[PDB]
Amino acid sequence: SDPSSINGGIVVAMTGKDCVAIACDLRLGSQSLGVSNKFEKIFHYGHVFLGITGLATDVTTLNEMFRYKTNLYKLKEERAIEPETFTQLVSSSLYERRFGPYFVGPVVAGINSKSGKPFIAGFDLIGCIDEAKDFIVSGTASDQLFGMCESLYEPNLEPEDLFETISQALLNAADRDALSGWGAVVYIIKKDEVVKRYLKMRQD
Amino acid sequence: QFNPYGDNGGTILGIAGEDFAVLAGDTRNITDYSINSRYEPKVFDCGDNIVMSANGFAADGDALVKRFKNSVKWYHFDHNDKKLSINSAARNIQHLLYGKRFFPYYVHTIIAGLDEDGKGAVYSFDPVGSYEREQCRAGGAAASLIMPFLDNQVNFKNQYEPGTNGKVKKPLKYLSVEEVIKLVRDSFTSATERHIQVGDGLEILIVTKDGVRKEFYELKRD
Amino acid sequence: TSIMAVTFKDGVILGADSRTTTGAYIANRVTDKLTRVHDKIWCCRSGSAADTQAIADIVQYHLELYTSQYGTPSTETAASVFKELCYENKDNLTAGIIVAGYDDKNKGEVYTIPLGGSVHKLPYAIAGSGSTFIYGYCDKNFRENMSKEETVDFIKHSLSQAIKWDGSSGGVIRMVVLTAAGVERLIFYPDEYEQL
Amino acid sequence: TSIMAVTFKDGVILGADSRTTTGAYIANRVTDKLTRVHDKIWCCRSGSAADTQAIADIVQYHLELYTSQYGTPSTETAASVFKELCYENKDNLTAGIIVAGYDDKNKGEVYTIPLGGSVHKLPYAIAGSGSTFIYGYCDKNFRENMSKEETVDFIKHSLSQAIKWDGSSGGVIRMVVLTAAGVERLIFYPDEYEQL
Amino acid sequence: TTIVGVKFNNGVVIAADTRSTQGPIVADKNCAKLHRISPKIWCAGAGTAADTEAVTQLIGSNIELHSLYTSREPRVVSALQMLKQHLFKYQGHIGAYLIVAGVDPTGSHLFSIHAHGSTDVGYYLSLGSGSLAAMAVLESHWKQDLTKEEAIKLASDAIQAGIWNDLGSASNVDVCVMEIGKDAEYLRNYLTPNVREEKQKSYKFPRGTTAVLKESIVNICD
Amino acid sequence: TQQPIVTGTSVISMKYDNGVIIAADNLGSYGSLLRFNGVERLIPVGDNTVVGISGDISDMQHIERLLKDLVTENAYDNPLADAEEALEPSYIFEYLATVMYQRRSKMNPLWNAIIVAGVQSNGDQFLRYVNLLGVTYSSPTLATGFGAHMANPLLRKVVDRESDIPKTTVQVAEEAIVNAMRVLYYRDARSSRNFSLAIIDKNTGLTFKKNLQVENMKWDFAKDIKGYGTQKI
Amino acid sequence: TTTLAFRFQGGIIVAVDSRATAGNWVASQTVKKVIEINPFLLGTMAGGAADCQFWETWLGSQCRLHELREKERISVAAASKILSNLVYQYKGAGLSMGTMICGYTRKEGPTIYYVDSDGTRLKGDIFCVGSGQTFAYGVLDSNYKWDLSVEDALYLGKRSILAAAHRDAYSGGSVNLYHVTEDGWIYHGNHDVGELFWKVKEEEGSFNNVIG
Amino acid sequence: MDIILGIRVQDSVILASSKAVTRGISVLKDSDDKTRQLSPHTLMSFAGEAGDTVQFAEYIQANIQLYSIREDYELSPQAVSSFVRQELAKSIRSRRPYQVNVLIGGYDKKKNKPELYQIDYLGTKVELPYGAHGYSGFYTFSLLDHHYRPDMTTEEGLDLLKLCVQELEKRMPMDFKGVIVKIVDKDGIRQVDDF
Amino acid sequence: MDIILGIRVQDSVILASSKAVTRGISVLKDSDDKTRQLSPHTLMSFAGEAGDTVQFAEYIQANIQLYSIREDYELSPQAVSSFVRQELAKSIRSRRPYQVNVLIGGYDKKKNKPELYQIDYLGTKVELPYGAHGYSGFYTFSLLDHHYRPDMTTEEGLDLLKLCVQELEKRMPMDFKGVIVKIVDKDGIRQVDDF
Ligand SMILES: *[B]([O])([O])[C]([C][C]([C])[C])[N]C(=O)[C]([C]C1=[C][C]=[C][C]=[C]1)[N]C(=O)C1=[C]N=[C][C]=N1
Ligand SMILES: *[B]([O])([O])[C]([C][C]([C])[C])[N]C(=O)[C]([C]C1=[C][C]=[C][C]=[C]1)[N]C(=O)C1=[C]N=[C][C]=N1
Ligand SMILES: *[B]([O])([O])[C]([C][C]([C])[C])[N]C(=O)[C]([C]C1=[C][C]=[C][C]=[C]1)[N]C(=O)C1=[C]N=[C][C]=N1
Ligand SMILES: *[B]([O])([O])[C]([C][C]([C])[C])[N]C(=O)[C]([C]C1=[C][C]=[C][C]=[C]1)[N]C(=O)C1=[C]N=[C][C]=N1
Ligand SMILES: [Cl-]
Ligand SMILES: [Cl-]
Ligand SMILES: [Mg+2]
Ligand SMILES: [Mg+2]
Ligand SMILES: [Mg+2]
Ligand SMILES: [Mg+2]
């Protein structure tokens, strides 16, 4: 009934030293029934990464929408969109559906190509921007993720240390949520290289 | 319509060591967005080296604790001052809770102490009396924030040994009372940051063969 | 309903309209809402007619039995019996009662018992749907230790306005005077009080 | 809310309390419920603050545009514009407005517009939750062709009682005097009117 | 949320807390609740976060265009009128509760707007869940003819009342000062009660702790 | 299950160095009607306790009678009724707290919020709250209804924690209480200007003040407030 | 919750999961959904944790009192019916229980009874109860035979729970195994699903949809 | 309607769909084909609310056939599935949404690969090795989790499908009157007339 | 439970009762005997709410067996049916009524006649030549109206019963997993093991 918790899933993002990380689980279900273990929730438009939790049809729809918009942006601007700008675009696009919203919990992550500054941001289903320094959480196990991130996280982590912290935040949060898990992916993002790692986790 | 239930907030945490056990809980008491008290004790020494906390609706919590304390008193009268073992107390509490199955004590109960072999013990209850012995358990408002942290940092879940890459698990080495108290404090500091009903103060009751000791720590008052 | 009780120098006077309504239909236009629970302890009734009659009947029974054993009861005692019934049965009753009586020791006394079953001793009291419209008038015009004639005018004028504005109130203005002299019944018809 | 408008010999006076409430919390204790739609046409507002502000703003716009084309509008004309908005949008509004103004030809006039959107021209009018408690007092004490000082006392005393009994009413008593002489604002504080 | 506005003799000061919440969970510990409508007109907002941000920018945009069209400094009553007429249009469904303040060629002004479109005027105002704590302080310490320094203190004291006593209010204090003749000064985190306290422990992991299945380089370039 | 009819608003209280203070206005409201203007909501029990009650007045009068009956019953076969075996605040509270929770458990509550203020035999300050749900808590400052939202913040500026109690004098405490009562009169739509205040000191005993009024009120600034935005006249 | 029990040549196999939830929140992964009523009787737990726990340990007290009074082991039929008759008294009150009373006696042999909070009492050879019962039924029905070795039967029960733990969101944690014979029940360990899944996938060649 | 299954093997996609049509208390038909050919190498089965199912399927069919004629070219299964998802995602926020769940089984002639897509009425698309809609998956996914391989032959796929249908016939309360099975491969679409 | 049928022929009463027990989405059992022998020449089938059905049947059974021992005598089917009706008529105005519908098939040894009684949970008794509870009658009464005779043999009764079960298997949505058939005649009660 509650659209935000039919399919299930989670996304988390963290900042580190000259790097950002964004991670997600792979589960898609119909309430109790697990359907897919390959449903990735993180997408990217150029060097800007977007994670989206919530109702799966809207996750897919918004991805297709932001691909559409960032592609036109690039043709006109003659440059790739930056995280700060994309964040405003996500907020604008969500709020235009104020009284008929997409049931989602987006998370933006990336590094500004000019300043080199790491950037993360979260949103509610209708556009409110949460631009945190430390971390952003989203999904059916957001409470769990908040607890994990708030205790595990420390500032200025190196890429390979940040990977361990975010992975353990996601994994242990998902293992306390019935609608999250079934696999996981972690993106480690630096100014000009990105590594994608699939995590081994319990499949129940 | 009259609603006989209420939510007084708060959060509690029980950790069982090898020869000790701790039961912690914040001292803040609330209704809605108001603070009632910054220091309202929630964890109690019930005698016979047993500590107890009934978190949730404080009126039902106080009633249950009061009745259990009374049960300990009468257990001494009826059975020649025999010590009530932690397992026996747990079963007694199940019957107290289930006795009100159709008008429950709206609380998450935890008790802590030592078993008959001297090892650390924590028992956790649901509002209608189902119970289970555990090594680790957080209860109340911020339980969803704390338990995953405890799965990771007490039972070393999802942690493996470097170099093996997922083949060999992190071994389950025992924790000292000093190490446990650090996890408890960090748990409540983290919870205080991201949960509005958690704060003001932290009171920990430590149980050993020597008896019951208390420790108090301040938390943010916002 | 517009009812009131007022203490004055020589004792107390109860006053009431005479309208009983079922919705907008006036089922009775000559109702007597001033009822006797003892020789010099009367009450004013507002709310459910069935409830207030049943209560008054029970009170009269209690005070009759009280008198047989312990002699004449005080007005305070009568109010307590009303209160006990109204308070303990508050879920099932709709009764707003004003108790007024005359002792030789205590003189004129007035107790009001609203919906909840609480008791309030006052110099004067007003109640019923029509009382709302005369809170301002009665507060401005009431004085302590008025004469009989002044108190009759005060009640007559007050209930006149209550009747004028409240559709649930009307008919005649009944009054009952309680003093050492005895019990006097008064009545005032529309042609008299409407022109005030 | 306790609001009233009273015509007298030299013109008309509007009066109001200053309390705005969200449930039992007083969101504003120094509210100005006496608002100007034209130089010598004002109104008293009761009900929804948002609705009554929106309406008043629209009326002020209509009369400003009227004045630019046809000269100074009558008080009756202002009341008609209020009525048109309140009547046609009666499903979506909660506004109880009293319109009062001064012409040289017509002198002081008062129009009341209750919830339904009906118009009623009167010598004086009272409205708001606290008005219920002073129907009796105001009816008994109102006279036509009062002096300025008598009318100020009448309004001051009336709203004093309305405030005393109504929890939704309180703060200061604001008044606006409309005559040929001009527009005068008056204010009366608790220490003054509570002791009346 | 606790937001506040206080007038002083040569201008006006605005203030707010920095907490945002989903139920009992804290979403943002440092939300900026102070917004710029025009250079010398700022508003503080409580209620639905997205609505306060959106309605503040929309009217800010229209005010900028209006300023350019009329070749004049924008007025506070213009923002007030544009805002209320928009909020009224949507019958309270746009959950924006605002305190609007600023200086313009007419002087200094202080107003509030409720979601349904009603506006108020005052020397001191407060909105939000902590509004009652703040107003109690304001009603106790406010006097007229305040200096800039007195007004800032009164405003930040009022915001503190909410921070401590209201669960929906916490963390830092933002301030903005609009004085006549001067530039507006936006004081982000004007008050920070001092911080978090260092954590008893560091939870940095051994590298290789997390088990991995696959790796790959992602192609972000064209 | 019922609904409250005639009601009483905030009861506010605080501890100070030698005792406790408690206060409550003398109003008995009937919905939005400010019906009864001479209601005493502070009820002393002996010379060491004062019970402040808010909520339903008919239930208050019932509780008042229970307390009166408690004193009578304690005196029975008790030669030390005015000495060592006199009623303590802690005894009176626990009794009420028992009754309140019993009544909520029968789904027929006493629709009240109660604060028991007093001084124990050993001179200790007693201040504890109980309500219709049987919920109990203690704090250096306690307030019911609107007082919780408006008074507590003010009183907590004086006594923010336990260690501030010995530093707080009776003059400072009474000043804070009287100020809070003014603030509630500004902002609570169901408050009255008239109120009662009680002080229970371990040295000077019980001082019960009646017929107090809110004074030194600021209203003059209202004259400068015109319209709701654009209006100048 | 997924619980199953089935009769075969070597007696009875009982297999259960370990998960307990409160909405989407995983409350526990270490729950004991099998109760050891006596050395010959087992009870499975599904539905309300408290209801099942309380009344099944109570059932054990009744079974003990029976053999004290009658100097004889209680039948599975009689033991199951004590529980069903009890819950039937509480019918409508809101108890939530889905149980299997499994055991062995001389007169009956290996026997299983499905007992329900609605009052349903059914004897049978195979039963799966809980939110993940359908997943368990698939594996069981396609691989079940009377002529199974204690070893193969144990694995089938373990595998059928694994199947359900994977797909059902409200099932998981670990697998508890029991084997009931002519000489009583025999515990066969706690098997964490987090290790069992990958083990079975590799050795069996199943679960090819998941990547590992 | 009730049960629709799909399984993607080595070189083909197999769709199984129940034959029963039950309107209330009566089974009106026991030979209903709950599928439409969208293109020579793309088949779509469907189940949901009465009327909407066929109306939606034929609407999609027409659109794909129109595309085929205009471009003289067959759309890839992926492209067809994306078109279908968008229609349903558009539909869910309409005045009256299509209450239809579909499986799309296609053979991509360009990649020489079978492809199975599961899409529900909300517009939730997933590519799978095997899929189901409604209560079918509750029984059948456990069997498929156990027995499935990516390198299975069409005959092995049919045997595994028989085991699914047998389990459904044993444990499901409703009599769905067997299934019509259809295979989608490089040579097109054909029906297994004996099952 | 679901389908229970009864038919009274020349010299016997035949009761047919479904074997399925379906608790929600799963068929837990396919061999359930929805009947109890009340006395050597009296059989009662039953269907209704879970738990209540068996609890009621066994309660009646016990009462009749108690009567039999006390009097050393078998009550007539009519007498048993009247006792059962009264219990249900008492039950319907209870705090929690028995939600059970029954058919009572008996052979009266005194009159040498078979007798079939249909009683619903309200305590509504009717003696019939053939009867049914629930949705069964909607399909089967038309066939029985056509084919039935009072002078039919037991074998003819079984053939007519097969035609009823075949129609139910064709048109009813629920799979009731066949029926257990029992015959009640002068020699007592016996079960037809192949049907
Ligand atoms: B008065 O209006 O309160 C009046 C007093 C009563 C003692 C005669 N009550 C009634 O007229 C009531 C209705 C009512 C009106 C207004 C407030 C409360 C109640 N009427 C009756 O009880 C009644 C009406 N018709 C027949 C019998 N009883
Ligand atoms: B008065 O009480 O009618 C008053 C008049 C208004 C013009 C200021 N209205 C209010 O105070 C209303 C509530 C109300 C009370 C009594 C009767 C009808 C309505 N308040 C509001 O409209 C309001 C309250 N808080 C914020 C914004 N608006
Ligand atoms: B405060 O309470 O007024 C505060 C104002 C500030 C954050 C702009 N409001 C909130 O924090 C709101 C509370 C709220 C929750 C749910 C519905 C409506 C209002 N929070 C949000 O709007 C919010 C922010 N980020 C994420 C989710 N919700
Ligand atoms: B199982 O899901 O039936 C399980 C069995 C029980 C013995 C632990 N029950 C639960 O997980 C229930 C919730 C539930 C989920 C799905 C179906 C039915 C019931 N949980 C509890 O009873 C419970 C007990 N204590 C704390 C939290 N939850
Ligand atoms: Cl009468
Ligand atoms: Cl206003
Ligand atoms: Mg009249
Ligand atoms: Mg706070
Ligand atoms: Mg699972
Ligand atoms: Mg019948």
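In the text below, chain A, chain B and the rest are named by the order of the sequence lines, each starting its count at 1. Counting starts at 1 for both ligands and their atoms, in listed order. Shown: partial entry. Contacts: counted within the shown part. Reckoned from all heavy atoms, side chains included, excluding hydrogens, waters and symmetry mates.
Measured by close contacts, the chief partner of ligand 2 is listed under UniProt as Proteasome subunit beta type-1. The molecule at ligand 2 is the drug named bortezomib (bound form).
Chains touching bortezomib (bound form, ligand 2) with a heavy atom below 4.0 Å, listed by letter, come to D, E. For bortezomib (bound form, ligand 2), the modeled covalent bond goes to D:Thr1 OG1.
The residue of chain D annotated as active site in UniProt and closest to bortezomib (bound form, ligand 2), together with its heavy-atom distance to 1 Å, is D:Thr1, 1 Å. For bortezomib (bound form, ligand 2), no other ligands or ions have an atom under 4.0 Å away. The name that the PDB assigns to chain E is Proteasome subunit beta type-2. The shell of residues around bortezomib (bound form, ligand 2) (heavy atoms under 4.0 Å) is D:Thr1, D:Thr20, D:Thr21, D:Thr22, D:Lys33, D:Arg45, D:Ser46, D:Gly47, D:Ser48, D:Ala49, D:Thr52, E:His114, E:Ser118.
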